[PDB]
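Drug bound: ZK200775. Macromolecule: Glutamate receptor 2.
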Amino acid sequence: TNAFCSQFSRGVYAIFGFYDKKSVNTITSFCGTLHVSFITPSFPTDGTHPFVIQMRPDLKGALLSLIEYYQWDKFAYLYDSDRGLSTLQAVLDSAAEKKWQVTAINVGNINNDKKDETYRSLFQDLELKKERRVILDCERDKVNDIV
Amino acid sequence: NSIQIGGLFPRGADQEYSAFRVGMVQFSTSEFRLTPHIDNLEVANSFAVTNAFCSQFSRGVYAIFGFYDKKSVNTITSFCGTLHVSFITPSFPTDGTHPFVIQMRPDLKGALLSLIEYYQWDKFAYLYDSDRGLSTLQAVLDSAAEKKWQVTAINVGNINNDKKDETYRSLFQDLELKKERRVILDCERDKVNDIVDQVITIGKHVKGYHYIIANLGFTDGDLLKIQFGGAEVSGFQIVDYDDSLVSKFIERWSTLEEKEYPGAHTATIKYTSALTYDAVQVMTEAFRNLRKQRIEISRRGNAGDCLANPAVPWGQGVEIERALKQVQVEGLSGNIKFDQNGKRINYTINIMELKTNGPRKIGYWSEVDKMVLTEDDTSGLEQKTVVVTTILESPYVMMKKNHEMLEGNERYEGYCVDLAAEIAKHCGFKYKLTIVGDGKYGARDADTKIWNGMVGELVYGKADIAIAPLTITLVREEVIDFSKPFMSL
Amino acid sequence: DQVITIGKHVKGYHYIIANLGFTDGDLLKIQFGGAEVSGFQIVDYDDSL
Ligand SMILES: O=c1[nH]c2cc(C(F)(F)F)c(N3CCOCC3)cc2n(CP(=O)(O)O)c1=O
């Protein structure tokens, strides 16, 4: 908020920047009220929003297309709350219509000292159905930490 | 003295602002007067929430009471954590450890996970609305992996107003295909009413269906419509209408006028309004415990704007937070006690259940023990257990080889044990195999005229049927009733 | 209204309405659910007059 209003004082004609899950609502409301265009490489907002120009295209379509290609019916879906929950809602709604057996697990509330401790308890519970198909839904730092 | 506070209410918080002003009356003690402000706004609009916060911060407030949605929840906790202005809410409990936000909707995650374990579910649906995070969906999906559940969560949040009818109807047709008899409705009062209107219209409130309503508002929507039919709808409730403070309240709640206090002439309070009434109790006692320690606060009246850069804190703000979180008052929702974060600790959720006479408490959940199953421990009105009498005779009844480690109707085997199992599934009853006492078949004594054996237990009431090698004779036919012979010899 | 409330408009039930007024009462309420309600009508709404 305080950075957005300092831009509005100096009178800019476009605001380029990133947002998070905890700041997507702050931006799209401030940009939708004070009518200021916002170009972002962050995740596309889930919902018709004016005045916000998303540069990251979409992944909900291509991820559901790739699952059907490999003809999966019983995978596991490790996800991360930051960058939103839209892709989780996509694969859960397509699981009902296509008889999947998703085993969605939040892996984003992990602190960096019980890191190894929880991850061993994580893949323990994946051997409770013996899951051989995982969809890492994280971004680069946490993907390398799981790999 | 007088404490200035603030107010953030949605356009449509009629009963919540009514129950606010009722607690303004009843919790004044006139040494201090918590004079409030009013800033009716859109909660799902981060501009208006920011604007109204800074205005109140400008106008010298010590605690802001408001509601947030999941489009302003991170706007609230950031501003209230940077500028230390404490925030009291009855809205949904945040996912995390956000300080300086005192939250009164306690938790329904552990109560909902306990109730599914109680009914022994393995396949259910989880119709949810976005509406307040996804923290309850994420709790049941994490527990699905380890507790062998098969959640089938669909996303009833984005259904448009015009095409509501064809969308709900096509939804339960999909649940019909994979035969989802068990459904969990994680919506609020408005959308729970819209869903239960649709399960009636297509006829899925009949016997066989179960419906847990994941809401601390069970007796706050229309349940009369689904009370008959055969559905076994359960739920949760914090406002118990059978206790002292609530029964006093419903008396003075019903006497009010629906012209100055809207939605206040009934005998059912919404849980958001009750926790709003419980909030002014906490805000009173916290500044009363700030009167009791002889503490005065915040000589400011000055602070011109929230966006200060450098954002300057105010050191009394920590102390007001300290006061608000050690408030162990009791109110409409039970034992109001907060932890170090602002999340309600020890509290009680009444697991209600809807039956033909009405809603009916069948347990209570607390954080400390578990879901404690209350009374209705005895009242079931069973069919009957039928006392069937036989005698130890081969192959009619023989004790099984390992009869020491067995108990019930499976200690025994033989012809009459297999016969009693066949009589039970044609006549439809449940039986108790009972070897006779004396060890006779039955004979009337020549002197005392007392029947012994298996005839004597049917004449004298100690038995209900004798599935046994009992010979059809003349003197037994006069006192008991035989069937046609199952064995001629 | 009462067969809806106790849940007897589901599949398996039939309901002939002995009335020359079939499309003159609320039938939308019982149109979904599985009941096979028939009836009679003299006013045909597909003809000239
Ligand atoms: O109702 C009766 N049913 C009986 C059934 C049996 C059996 F065969 F075991 F089923 C026997 N036995 C026959 C051989 O000696 C051992 C037990 C006696 C029975 N008696 C006594 P009884 O008829 O006066 O002899 C009854 O009164």
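Chain lettering follows the listing: the opening sequence line is A, and each later line takes the next letter. All chain A residue numbers match the PDB entry; in order, they span 59-205. Residues 10-498, in that order, are what chain B shows, numbered as in the PDB entry. Just so it is clear, chain C uses the PDB entry numbers, and the residues here are 206-254, in order. Both backbone and side-chain heavy atoms feed into the values below; hydrogens, waters and symmetry mates do not. Note that ligands are numbered from 1 as they come in the structure, with each ligand's atoms numbered from 1 the same way. Partial entry; contacts are within-part only.
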Check your understanding: Under a 4.0 Å cut-off, which other chains come into heavy-atom contact with ZK200775?
Key -> B
Check your understanding: What is the residue list for the binding site of ZK200775, using non-hydrogen contacts under 4.0 Å?
Key -> B:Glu402, B:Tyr405, B:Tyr450, B:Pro478, B:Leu479, B:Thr480, B:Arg485
